[PDB]
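The block underneath contains the structure these notes are about, expressed in structure tokens.
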There are 2 protein chains.
Amino acid sequence: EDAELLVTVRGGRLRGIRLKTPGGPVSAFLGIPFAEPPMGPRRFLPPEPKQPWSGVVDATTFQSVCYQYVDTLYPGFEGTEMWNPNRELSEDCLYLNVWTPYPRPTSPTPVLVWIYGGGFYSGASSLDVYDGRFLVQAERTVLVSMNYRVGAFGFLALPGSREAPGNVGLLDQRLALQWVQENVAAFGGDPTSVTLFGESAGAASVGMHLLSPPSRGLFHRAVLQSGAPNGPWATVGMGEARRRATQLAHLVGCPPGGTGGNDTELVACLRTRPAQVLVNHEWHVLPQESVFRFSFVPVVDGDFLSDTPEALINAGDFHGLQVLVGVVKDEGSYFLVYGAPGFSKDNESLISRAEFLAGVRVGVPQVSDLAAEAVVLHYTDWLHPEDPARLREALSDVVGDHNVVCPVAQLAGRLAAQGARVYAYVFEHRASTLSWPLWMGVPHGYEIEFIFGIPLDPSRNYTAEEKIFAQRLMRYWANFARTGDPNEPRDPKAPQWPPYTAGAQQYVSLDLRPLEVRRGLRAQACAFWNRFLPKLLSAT
Amino acid sequence: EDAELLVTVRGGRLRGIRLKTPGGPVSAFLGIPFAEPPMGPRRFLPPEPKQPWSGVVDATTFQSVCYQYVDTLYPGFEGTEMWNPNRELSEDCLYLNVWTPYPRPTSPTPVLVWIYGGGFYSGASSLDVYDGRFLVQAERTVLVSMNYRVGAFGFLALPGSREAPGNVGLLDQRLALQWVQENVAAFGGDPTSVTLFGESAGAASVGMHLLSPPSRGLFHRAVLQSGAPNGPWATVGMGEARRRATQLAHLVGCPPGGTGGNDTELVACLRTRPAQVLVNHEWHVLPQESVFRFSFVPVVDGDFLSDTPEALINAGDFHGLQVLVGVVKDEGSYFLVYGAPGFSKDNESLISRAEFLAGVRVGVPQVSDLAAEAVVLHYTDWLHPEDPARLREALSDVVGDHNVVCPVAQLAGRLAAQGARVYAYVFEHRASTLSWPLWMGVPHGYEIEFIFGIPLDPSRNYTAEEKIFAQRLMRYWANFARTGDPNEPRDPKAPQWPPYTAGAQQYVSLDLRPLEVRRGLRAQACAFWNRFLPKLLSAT
Ligand SMILES: Nc1c2ccccc2[nH+]c2ccccc12
Ligand SMILES: Nc1c2ccccc2[nH+]c2ccccc12
């Protein structure tokens, strides 16, 4: 039994821990170092592989969370605290976790690699909602999740320089993927069947690995949940990245008045500042007030991304690839209480017409006044142009379509039309234990707990129907990891899940009811964002 | 008997004719001269009142149709021939007609005054579909209709000149309205209860009389059917009117060659030309290929209209005015076989996507490429962007909303929100005898025969339900003429017709089925035409 907790990898030996589930035990190896601690002169630098170690590295608990901003707008509120760090913050944070079935698989098993979201400024693999013990037990797969540097530590970019090239957080994920290739077999996992899946910025990170050649060889399938690399928030230009990095330096006293200028002196001054000092000024460098916008994100500089995600998606050859994409029913709802006027999570947020018009400029920042009018045209119900409830749902749709649904829809249609086999879904079940207000419906990120089988946790208060619903979702994700097809391999009685095509645009609804096939991922609204609005911006 | 076929008016004595209907006889006085013949030096000039005459003028048949283009694209086809002139063409055409009940009313009776449409280039009061014998018999009202000069003879304008001031066709209508005030009492009509009604350009004419001070005092209620004065086709600017008048002069050899070209010499040369020669070159002066655009239309010059109809509608106080407005179910359908590529009345007109994109430029002429993209964005169904039947219906909606529905919807909203009581309808019954193809549905102008009680004609082959339906509509129109309210004077048993307001935007469906209340006259589409598109053209 406890001999299963002893595994040797290329770096050395490891001791794991045995976790309990209602259906049996699993073996987890939490806190495996896959990189040298990116500290001191290594801040902002690409990761280096962890040197081999003597003795047995204890891997029985999660390691430290990378330095990140902490949401403190609602102390003690479950809806926000569940995403906050549950371990101490540290720059020594490049650790990964491996869950493997008990008994250990004797034949190679497909591997699921999780990349957490959080706007590229937050997140951790140690969060309770990312506990992979239920997915591994119920579906007999191998699950891996890694920590990657977020915020300035992972994505501050002075493009062209060696001291801070940017995208090192994406290189942290890649190094963890190279680690899975070289070591996941020691846990019973098949390195020839690796499926990346992520949510929010983790879904965008997956898409960027699909578009980066050095990462394409490290996995074979991809799942993008509520995120895409082509969104208006997932990338930033070289000129803007340099300005955001320079503004952060000025706010922390870099350069010292007034000797300084070039990137070497600026980064050297940044590396002497305490990590928390850099965190405390992260939101100051945004150009205007907004929601769903983040300071330090992947930068398009020609290295990791040789072109914009849109350019690479349009010019890509995706034959032989299987992708699973999807969104939740209410992508933009929770963001509204983070900047839109008239919005509060503790009332009904029945905004006025004036508040809706001002909120459009917050949910769609830096666009012209004419473009904002075009947004108001599409999302105003002109039969009830001042109904507060409709204006509330309209602004949520504005933020959700512009940031998630339509970037995902453009990616899915392009992938399916250029070789890849695509499966699309819309998650429509609102968890019974959801602490956010009812009007938010199914907010961004609240399909994850069902994908990871959290309702099976006996200490939670989920319903019996939600546990069955979670098992069906884990079966979908595991079938896709095993064979590239979420449908049961040889089950005709259950309703079937058809692939997504650019012409039929078919997707399924994931809720307590059986599968239901629908068409169009908000085709009318996404024609405005993906087709017309760029023409409106170019002409003006 | 025959004593009621003799009537004296201010100009002299008249002999009418007894017309027969299935319900009873009617006295008709057809072809009453209300103006001096606008011939010779009177061409392009405002009309003079008809001088008194000796003896008895025979008013037993319709007079000559004003010179106009004749639709010869489908010889013998009922759908086009029914609008073509059924009398000789002549510039001596300023005559009107009076239908009065039998026996002649003893107390003053509400008067209906019909103004025919025809794009201001065609039409006549003598058309079979405008026969007022059934409306006068069934509802015992006095019905009047007049001829007005159309085309260049009524609306050629060299603005600022005394020889061709323009809008003389509208002045022909005004003179007929003055004639009704001075003479309709001799027929039993009440000059204090005059309800104007017209269709298409006639409806646009009614709207311009509402916005002209000298005409507003000549009537008390208005019915605008499938037309508005604020449409993109109903008016023209001074500069464009001068260009079209000068182009027409050039096509007929004016100026001769070697002489000046001022307005006095140019109009004098136009007066020497035969009338048919001017008609033959009317279509050769439009700026480009289009549909629902007409060469010589009312001009905005500060005289008849002190400003644009849109400006006057906005700044207008309409308290005390009752208006009935409406449209047919498929306004733009028939126009498509007159210019849009791929369309034919003798097939299904299942156009391709390429033909739809080109047809938008024909249906919406003189707009920028970016504006056309906005039209294509709104009217494309992006779940079926290339379905031929949907594209055919979409281009019909493009032409109909742009030219009729949204101009009418804006007028009705501004009238209601500024003092007037407005009633709105949508005519959704396709006549059983309709010769146009089925895909055209209920084309522009095919509610008129039901308003005039034409199905009651026993020589026609309408169904028994259509006869009952025509009696409902004649009751609606007559009630509105009598009381300003289309609802019965007292009948809560039958479904009611709620007034149109800018907020609720309620209208009724006119078809074989009882009244059904609906909300919004293409509110989403008309928000694009009336609100957004002007902002798009202004910022380009
Ligand atoms: N910080 C948050 C998230 C971070 C990563 C992924 C999903 C998330 N959803 C959230 C939903 C509401 C509030 C905060 C959220
Ligand atoms: N010349 C026409 C019209 C003229 C005046 C009013 C309505 C009309 N509808 C028509 C419908 C089809 C063809 C010609 C038409």
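Here is the naming used below: chain letters follow the sequence lines, and residue numbers restart at 1 for every chain. These numbers come from the heavy atoms of this one structure, side chains and all, not from hydrogens, waters or symmetry mates. Atoms within a ligand are numbered from 1 in the order they appear, just like the ligands themselves.
- In this PDB structure, the PDB entry names the chief binding partner of ligand 1 as Acetylcholinesterase.
- Of 9-aminoacridine, L-captopril, LY354740, LY2811376, BMS-564929, the match for ligand 1 is 9-aminoacridine.
- Every other chain with a heavy atom under 4.0 Å from 9-aminoacridine (ligand 1) is named here: A.
- Counting atoms of 9-aminoacridine (ligand 1) from 1 in the listed order, those under 4.0 Å from a heavy atom of A:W436 are 12 (C), 13 (C).
- Listed by number with element, the atoms of 9-aminoacridine (ligand 1) under 4.0 angstrom from any heavy atom of A:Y446 are 11 (C).
- Nearest UniProt active-site residue of chain A to 9-aminoacridine (ligand 1), heavy-atom distance to 1 Å: A:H444, 3 Å.
- Both criteria (UniProt huprine W-binding in chain A; heavy atom under 4.0 Å from 9-aminoacridine (ligand 1)) are met by A:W436, A:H444.
- The distance from 9-aminoacridine (ligand 1) to the heavy atoms of A:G117 drops below 4.0 Å at these ligand atoms: 5 (C).
- Listed by atom number, the atoms of 9-aminoacridine (ligand 1) under 4.0 Å from A:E199 heavy atoms are 6 (C), 7 (C).
- Among the ligands and ions shown, no others lie under 4.0 Å from 9-aminoacridine (ligand 1).
- For atom 11 (C) of 9-aminoacridine (ligand 1), the closest non-hydrogen atom of the protein is A:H444 O, 3.2 Å.
- Proximity by heavy atom, under 4.0 Å to 9-aminoacridine (ligand 1), holds for these of the UniProt galanthamine-binding residues in chain A: A:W83, A:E199, A:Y334.
- The nearest heavy-atom contact from the protein to atom 13 (C) of 9-aminoacridine (ligand 1) is A:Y334 CE1, 3.2 Å.
- Closest heavy-atom approach to atom 14 (C) of 9-aminoacridine (ligand 1) among the candidates A:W83, A:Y116, A:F335: A:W83.
- In this structure, A:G118 is part of the shell of residues with a heavy atom less than 4.0 angstrom from 9-aminoacridine (ligand 1).
- The residue-level binding site of 9-aminoacridine (ligand 1) (heavy-atom cut-off 4.0 Å) is A:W83, A:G117, A:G118, A:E199, A:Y334, A:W436, A:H444, A:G445, A:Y446.
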